[PDB]
Peer 1: 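Sharing a structure here in structure tokens format.
Chain lettering follows the listing: the opening sequence line is A, and each later line takes the next letter. Residue numbering in chain A adheres to the PDB entry, whereby the residues present occupy positions 1-220 in order. The numbers used for chain B are those of the PDB entry, and the residues that appear cover 1-219, in sequence. Just so it is clear, chain C uses the PDB entry numbers, and the residues here are 164-187, in order. Per the header: X-ray crystallography, 1.6 Å. Note: hydrogens, waters and symmetry copies are ignored here, and every other heavy atom, side chains too, is used.
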Amino acid sequence: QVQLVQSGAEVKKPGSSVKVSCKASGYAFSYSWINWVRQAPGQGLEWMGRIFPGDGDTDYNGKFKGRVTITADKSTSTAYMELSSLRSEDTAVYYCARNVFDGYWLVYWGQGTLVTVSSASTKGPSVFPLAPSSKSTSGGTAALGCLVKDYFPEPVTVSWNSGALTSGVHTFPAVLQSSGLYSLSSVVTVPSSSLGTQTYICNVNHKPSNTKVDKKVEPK
Amino acid sequence: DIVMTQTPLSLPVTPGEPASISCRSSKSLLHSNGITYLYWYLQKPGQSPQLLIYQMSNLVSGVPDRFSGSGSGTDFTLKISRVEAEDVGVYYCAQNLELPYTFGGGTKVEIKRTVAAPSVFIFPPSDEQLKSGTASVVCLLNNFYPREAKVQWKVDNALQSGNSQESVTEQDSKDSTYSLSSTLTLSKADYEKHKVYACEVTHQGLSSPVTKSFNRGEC
Amino acid sequence: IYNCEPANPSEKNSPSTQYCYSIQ
Ligand SMILES: [Cl-]
């Protein structure tokens, strides 16, 4: 079973250098080219370079002005991509992919590594209620939610009533604020007629800061 | 470098009907050996890219037979004979004829369904946040189609630009709708400077723009 | 002369190319 397993998401400061790993198994590491391809927002896929681990031979995309270094460690069947002098526009998901000879090209892909380039410091979120009101009713339901504000880096997770409430939930993509911190809202739709007797609580978890918060959302 | 270009940028598809997407290269990808070095990849939502078609017309074993690829040396088409819901995602063409390898900009395939107007809700800032010195007001557009929508904030009937941010969900896998949040952020001070807070929503499913509003403090 | 060269960069060092050269 061919597998390519990459390192986890990485936050890097501007001007730094990141090292992304790609651990290979299920085939002969030495004898296939490992390629690196990135996917920046608003961009398609962009090729960075490749390495043939057997002899260490490489090819690089000239566009990256010598900022990319690709290496291999045969002892662990791991390929690496390093990108130096990071800029905000280097924020992207970086994939490794194995070339399969005889015309197939990039059949096997790693799961990708998100590299986020930012000067921001780790900070846990503040959690505020989005209270149901006469202005958040439709049909026979009411919308309510939680505003998870001012945290860094991604990700946060949100559940409702400790996981009991999953139907009607929308947790929006986080938005990057001008401050450099993230914010997102999670909303759920429920029957309006039982807002006085049903309790709704959002469970927020921010692992990078080891922050957990439970916020009760009530009518107002 | 060889430039790869795709069209359209976005393609709403109807399960059960055919769909086709196009690609072109700035240079012929035809080799003297008769092979055309054009590849089609698909990145399904939340997944890594996968290879569907190698060398213009060859289906990877296991890929459903409804997929096919064809073209000339410079212009290519990926065809789905009969679309299935599981075919959504971003399709990329790519060439490996020359270094550097290059990819098209992608075509995002999503599900076409009937127009559905958003349900609109508005949320004043919580007292808790206000006490912290900031005011976030949230407008929610729930379960609508298509994705295109316009949200304008009015405060005391004055249009406010620059102080809001939108977030939109990806298409729901079951009902094929979108939801959207628009959040207007003000300092607690600037916030108290005004009274009427209103969200005006324009969408194809609405005969006329809908407004949800509240009076600061009074309910 | 028979050409064993890889048709494109993704066949550089391929088993087919190596074998081709081996029997020339
Ligand atoms: Cl390759």
Peer 1: How do PDB records name the drug found at chains A and B?
Peer 2: GA101
Peer 1: Write down the name, per the PDB entry, of the macromolecule bound to GA101 with the most contacts.
Peer 2: B-lymphocyte antigen CD20
Peer 1: Using heavy atoms only and a 4.5 Å cut-off, what residues of chain C make up the epitope for GA101?
Peer 2: C:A170, C:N171, C:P172, C:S173, C:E174, C:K175, C:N176, C:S177, C:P178
Peer 1: What residues of antibody GA101 touch chain C if a contact means heavy atoms under 4.5 Å apart?
Peer 2: A:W33, A:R50, A:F52, A:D55, A:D57, A:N99, A:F101, A:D102, A:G103, A:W105, B:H31, B:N33, B:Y37, B:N96, B:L97, B:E98, B:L99, B:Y101
Peer 1: Write down the organism the PDB entry assigns to chain C.
Peer 2: Homo sapiens
Peer 1: For chain A, what name does the entry give?
Peer 2: GA101 Fab heavy chain
